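Entry below: contains pleconaril.
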Amino acid sequence: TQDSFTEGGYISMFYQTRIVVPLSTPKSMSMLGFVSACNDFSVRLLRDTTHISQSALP
Amino acid sequence: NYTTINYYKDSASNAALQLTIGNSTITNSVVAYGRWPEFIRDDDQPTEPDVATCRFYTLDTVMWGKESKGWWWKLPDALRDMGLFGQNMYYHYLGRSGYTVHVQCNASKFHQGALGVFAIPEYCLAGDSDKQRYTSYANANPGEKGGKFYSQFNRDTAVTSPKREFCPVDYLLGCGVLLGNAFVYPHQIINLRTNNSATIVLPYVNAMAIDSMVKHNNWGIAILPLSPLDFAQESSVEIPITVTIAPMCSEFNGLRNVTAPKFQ
Amino acid sequence: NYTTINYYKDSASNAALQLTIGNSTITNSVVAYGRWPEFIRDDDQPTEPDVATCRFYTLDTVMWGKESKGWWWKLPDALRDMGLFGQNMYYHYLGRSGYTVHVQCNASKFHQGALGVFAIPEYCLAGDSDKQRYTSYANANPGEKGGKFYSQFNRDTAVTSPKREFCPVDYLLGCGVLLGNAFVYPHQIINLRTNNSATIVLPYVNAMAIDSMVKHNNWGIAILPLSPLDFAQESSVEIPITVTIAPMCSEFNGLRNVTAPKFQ
Amino acid sequence: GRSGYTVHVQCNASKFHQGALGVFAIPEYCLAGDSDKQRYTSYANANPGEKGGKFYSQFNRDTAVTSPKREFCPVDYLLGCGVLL
Amino acid sequence: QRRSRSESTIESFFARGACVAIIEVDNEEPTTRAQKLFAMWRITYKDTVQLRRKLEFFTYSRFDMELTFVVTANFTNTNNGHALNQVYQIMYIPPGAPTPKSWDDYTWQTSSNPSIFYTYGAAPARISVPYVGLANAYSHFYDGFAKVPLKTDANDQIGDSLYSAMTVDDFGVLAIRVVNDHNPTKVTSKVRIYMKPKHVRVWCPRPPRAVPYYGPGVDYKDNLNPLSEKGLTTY
Amino acid sequence: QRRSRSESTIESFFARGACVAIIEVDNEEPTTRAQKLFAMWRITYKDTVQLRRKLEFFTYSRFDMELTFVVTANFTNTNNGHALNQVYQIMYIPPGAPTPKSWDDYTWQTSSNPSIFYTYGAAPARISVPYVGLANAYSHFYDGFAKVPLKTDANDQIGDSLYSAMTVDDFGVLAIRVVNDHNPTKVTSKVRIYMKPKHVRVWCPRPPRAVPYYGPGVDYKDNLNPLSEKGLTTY
Ligand SMILES: Cc1cc(CCCOc2c(C)cc(-c3noc(C(F)(F)F)n3)cc2C)on1
Ligand SMILES: Cc1cc(CCCOc2c(C)cc(-c3noc(C(F)(F)F)n3)cc2C)on1
Ligand SMILES: N[C@@H](CCC(=O)N[C@@H](CS)C(=O)NCC(=O)O)C(=O)O
């Protein structure tokens, strides 16, 4: 959960150089991102999630 | 250590390049779950056309433009009318097979775009009406043509003559899950700036060693544009996409008269 | 003997002279808890200025008279603006260090008085208002100047612009405990008739192997006059007290841009 | 103080561009002034820092005795030190 | 030491009891109009959403089950008298077995069907069940039908069937009644069923549900905008 | 023999149950106005003063916990009827998990959150908990903040935080409800929680509190004159 006592840091991106294209080429493009965990990852203290709810029983 | 003795007699009570196949040749690949297709193990004589059915069949080409939202197919439904494979399907009660899927799309160095190809086991899609699980057999088995995705949910507000058709949504993958996690399934990415083709090898996956090929589809193939197509400063761009599928290690059993489903 | 068998799989369920450092030299010492400062054990490459940060820094001199009630400082807060030690503190996210504290106070044979120096881990002080834990960061980190004790609790009766400052009390040690028991902490006594200086060596103490040096202070230093100062039959007497602190076995990690706290 | 260095120069273009850059590392790189007075350059002007300086295609004498600039006047084809490039 | 993954295992992930059924049963004088003297519940895990979402992380599964029953009773009126402690009967009816039509019919003899008799005020009831799947594993998702229409069929309803369904009746039902006769005062009771998988194996991981469930299938109707707003260059 | 120090050990010093929480829960007909149909208690040992004072003898600690629950119920009126035995549900909600907004919302399915069902009149409930500290030991005293204000901050409230506090939410909460429906007569109940440390290790002994506590911190407000009068030369 969100907590200042256990904040993790920040991730940022910047242009080192600019994007250069020749003529007869698109000047705009798209970029995609992915995230994953490594082999040194662990979790603790199972608990219920907030991403699913219910209001009535069938 | 702590002492424990099980009292009850029941366990439940206990506390817890060129690829050539047959007479076909196509000039890195991905193997789903790291399992190559194989025949049934040692644990009614099955019929097995070694080469009359294990070969590459090419489907109808589709067109990718600036407004395309995606395509989907179901296997073994898409190959129901391909040579002797379909005849064996409809002449037998039980069938089994793996697949090799090859997606082809070529462009130039001045084009840009990315396609995501996903192989999904037990790919169940959502309907287009308030009624639940009301989709019809004919609409759920398009065949070679396949279907398409949509950017929004269009409810079929017609009780007089309901269509009974799927209404997949691109960003929900047509099943109520976010598209970004679809990479959990076996997948490939075709980026026009690096490659032009994709290949996947699918073994037989099911809760049973063998099952009917007519009333149950084992695999689904979904192709979606992750990045829009573009070319120079042109308003309209269209390029072809082709799909070629090869059955592998196919077995059939339960020979009787032929089955003729009513497709419309 | 009595028989016992543990049933559950979980453990919780089970039933229960001259000292020279770097380029500094000062001409018996006390080691807190009998533990010398040391680097992190074997169980991101840390940065370690061997001599650019492990040396004696002298704070501002204070004056002891007949009405002084005491002084207090916080570490590593007091050294935030001392050479490259502060730069390393503010250029890194994690820091660790031990300390050597030296208190100097000289007088004549005709003076009399006694000082008590106490090193306190996690020295938390009380506020000056009905609101609880309302003290501000700026007031809780005075720096080199430090703070002073008081003989009574002066409530800040101003809701328009609360001061948000500590209100330590001498006989309560500023934390609600009797001063007489403060000798439980590492301590030294400077009696003018026997000696003129005190020395303490503090290792790194915390619940974590390494922690931020900006938002958390590991040590507190408190100096209190146990016996009042006097000299012959003079009405007014004042003598200087000096404090010198040397970091020892200091490590830093997490290099990024520099941190600039707003101190008023 | 003492130290060595690793210098990395980055410049990217396309296949339809053309040009060539020469990077030179010079020990004891002493530059010439911009006035008749000799060795009159100031410390501040001789240590620009991160910004650095620039070369020129000709020698522009500083004809101002009231308030001399005391700045370098390097020349490209003389390398700023009286030797051929 | 180094950190371990003991609690992230499948067994640890499913080592908790989850409610799947709340059933109402009443004890009162029988009358002509409808009553709740006995209740019948169809066995399934899709009534709720937590255990369903946890299970739907995978396509295939194989496990045994542990069931626990918690019973809570109360009065309704205060001018009819009092009641003595009641006994509840819970009977499992597999497919094909006869079903009760009254609270005191012959079907309650339970000569072959297993049954539990629970006394109010005692510890919650508990039983265990093995893996009873017809196939080699349970199928949380089934892309297909149970019938295939044929060109020679007389009408279109011969081959019509629901999409993504195997059997009309699966795993049978549970019938709950109050054995005691009716006191002059009505008494209501609720039975809560908690299910815990054990000895769990899973296959073919699947992305989790992101929008509210709508029926036993994968259909979605409302609330198709789960993600919130945020700045591209905002930390 | 010679005298021993067996009972002065840390384990013996903390081998007793101490009350930390008294929680009120009512069963009655739901209405528009505020009610106590379900209660939520934030976990902490600072509500009382005995165990707190015993623990604050040291700066750092590391231990497991044993929790016991004692439930006592009573009536309020005498002209509404009677009630049947009630069942109480106690659920542990860690930080980040959804919290109930009503006594019968979906959150009580407890698919992953541990829960205890207690039947009135039985033995007091009991459970055990391991050491769940993020760091290597619990910190009874923390001289610092969770945020540091910066010169570049837009306003002064960005970096403002309470002194001597680590996390806004620590150890989660406990939610207690009565599972049974409402009888015509209201019934009140109190749950008392008793805590016993086990497998205790401590570090950095500290002088004990000498003046009354005032809030979670070390602040003092009143009664700053604990010692009494006595003669210098009086035995
Ligand atoms: C997947 C999956 C698995 C299941 C449930 C399978 C188990 O079904 C039951 C249940 C819930 C109870 C009994 C049962 N046996 O005995 C009793 C009784 F004694 F309590 F009546 N109930 C038997 C089966 C097969 O549902 N979906
Ligand atoms: C120091 C210190 C230590 C603590 C308490 C830590 C333990 O917190 C709990 C408690 C009190 C109960 C449970 C708990 N687990 O299960 C249950 C339930 F089942 F009873 F609901 N309660 C879990 C934790 C982490 O607080 N301060
Ligand atoms: N408050 C409604 C809903 C009650 C209900 O059954 N709620 C479901 C979720 S919609 C539930 O699981 N409640 C918790 C429980 O009673 O176990 C009612 O009393 O009818």
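Each chain gets a letter, A, B and so on, in the order its sequence line appears, and its residues count up from 1. Excerpt of entry shown; contacts counted in excerpt. Whatever order the structure lists ligands and atoms in, that order sets their numbers, starting from 1. Basis for what follows: all heavy atoms, side chains included, without hydrogens, waters or symmetry-related copies.
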>> Curious which chain letters or ligand numbers map to pleconaril here.
In response: ligands 1 and 2
> Which polymer chain has more close contacts with pleconaril (ligand 1) than any other, using its name in the PDB entry?
Replying inline: Capsid protein, VP1
> Counting heavy atoms under 4.0 Å, which other chains neighbour pleconaril (ligand 1)?
Replying inline: E
> If hydrogens are left out, which of E:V132, E:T44, E:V129 has an atom nearest to atom 13 (C) of pleconaril (ligand 1), that is, the closest non-hydrogen atom?
Replying inline: E:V129
> Heavy atom under 4.0 Å from pleconaril (ligand 1): found in E:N113's side chain, backbone, both, or neither?
Replying inline: neither
>> At under 4.0 Å between heavy atoms, is it the side chain or the backbone of E:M65 that contacts pleconaril (ligand 1), or both, or neither?
In response: side chain
>> Among all protein heavy atoms in this structure, tell me which lies nearest to atom 8 (O) of pleconaril (ligand 1), with the distance rounded to 0.1 Å.
In response: E:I43 CG2, 4.1 Å
> Hey, is E:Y138 touching pleconaril (ligand 1) through its side chain, its backbone, both or neither, going by heavy atoms under 4.0 Å?
Replying inline: side chain
> Got the closest protein heavy atom to atom 19 (F) of pleconaril (ligand 1), with its distance?
Replying inline: E:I116 CG1, 3.5 Å
>> Tell me the protein heavy atom at minimum distance from atom 27 (N) of pleconaril (ligand 1), and give that distance in Å.
In response: E:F171 CE1, 3.3 Å
> Evaluating non-hydrogen atoms only, which member of E:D64, E:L67, E:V173, E:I93 is closest to atom 11 (C) of pleconaril (ligand 1)?
Replying inline: E:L67
> Got the closest protein heavy atom to atom 25 (C) of pleconaril (ligand 1), with its distance?
Replying inline: E:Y92 OH, 3.4 Å
> Counting from 1, what pleconaril (ligand 1) atoms have a heavy atom of E:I90 closer than 4.0 Å?
Replying inline: 21 (F)
